[PDB]
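Structure (with meropenem (hydroxylated form)).
Here the PDB entry sets the residue numbers for chain A, with the shown residues being 42-272 in order. Counting starts at 1 for both ligands and their atoms, in listed order. Per the header of the entry, the method used was X-ray crystallography, 1.9 Å.
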Amino acid sequence: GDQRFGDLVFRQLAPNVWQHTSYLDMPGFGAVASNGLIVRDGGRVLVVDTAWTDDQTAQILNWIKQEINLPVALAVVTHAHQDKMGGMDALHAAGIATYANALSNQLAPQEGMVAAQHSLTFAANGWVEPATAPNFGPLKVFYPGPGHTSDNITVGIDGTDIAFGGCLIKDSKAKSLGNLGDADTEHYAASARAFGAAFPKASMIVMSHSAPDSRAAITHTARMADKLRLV
Ligand SMILES: CC1=C(S[C@@H]2CN[C@H](C(=O)N(C)C)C2)C(C(=O)O)=N[C@H]1[C@H](C(=O)O)[C@@H](C)O
Ligand SMILES: [Zn+2]
Ligand SMILES: [Zn+2]
């Protein structure tokens, strides 16, 4: 079901949802996949996560313009690392309104990211304060607590069985939790379980670094995280 477009791969998940995949090329690293989402919300398109680079992100915009040809109303990025926020300048050059966790915007300069134009804040139960996420349509944004990073956020897509874990969630066969340099090893497992609880009807779990998985992804991530906590 994957389709190549330039150096990107797109996979349709639902009538109005596609996963975008881009691959990092510095000289020094493998071709590392990163996934995000494209959501058609009627007469506009919503983007979750940039690609690694501005150029790659501009390719995503060209795919959208060709294959959907509606205006991109907004992008939300799920934390301040390159694979999620590397393409902010391309979004801004295209005049797209960008949203991130307030904490992601505060971290951005230290991480080398361009901050999003707008800051999301969250209630104590983890749900985005809806004043800070105006006209998000089907995107249900949830901060599950610190895990992969302090600022990681997650997104459910209303009307579908899809929830997006970002880099918080790893696939049910993953051997490790990936990059833990910025991780909160005490709270990670609870944050993975909270994501599962926030979207209890989602049966397709989309994540940054593997194909869409079942809910087993969530329970396998929380286990690896608790193993890490107890060492
Ligand atoms: C580096 C990237 C990683 S670690 C990585 C992805 N899966 C890898 C792997 O070794 N597999 C065997 C699948 C290595 C992750 C991550 O594990 O979540 N994401 C990026 C970095 C990150 O998100 O922390 C970039 C954004 O700095
Ligand atoms: Zn990350
Ligand atoms: Zn990642």
Where to find meropenem (hydroxylated form): ligand 1
Which partner chain accounts for the most atom contacts with meropenem (hydroxylated form), named as in UniProt? Metallo-beta-lactamase type 2
Define the binding site of meropenem (hydroxylated form) at 4.0 Å using heavy atoms, by chain and number. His120, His122, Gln123, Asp124, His189, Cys208, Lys211, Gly219, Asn220, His250
Any N/O of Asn220 closer than 3.5 Å to an N/O of meropenem (hydroxylated form)? yes
Which protein heavy atom lies closest to atom 19 (N) of meropenem (hydroxylated form), and at what distance to 0.1 Å? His250 NE2, 2.8 Å
Taking only heavy atoms of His189 into account, list the atoms of meropenem (hydroxylated form) that are under 4.0 Å away from them. 16 (C), 18 (O), 22 (C), 23 (O), 24 (O)
Could you tell me which atoms of meropenem (hydroxylated form), counted from 1 in the order shown, lie closer than 4.0 angstrom to a heavy atom of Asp124? 19 (N), 20 (C), 23 (O), 25 (C), 26 (C)
UniProt-listed Zn(2+) binders, chain A, heavy atom within 4.0 Å of meropenem (hydroxylated form): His120, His122, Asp124, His189, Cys208, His250
Contact (N/O only, under 3.5 Å) between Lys211 and meropenem (hydroxylated form): yes
Using a strict 4.0 Å cut-off to heavy atoms of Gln123, name the atoms of meropenem (hydroxylated form) that fall inside it. 26 (C)
What substrate-binding residues, per UniProt, in chain A have a non-hydrogen atom within 4.0 Å of meropenem (hydroxylated form)? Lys211, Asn220
Quick check: what organism does the entry name for chain A? Klebsiella pneumoniae
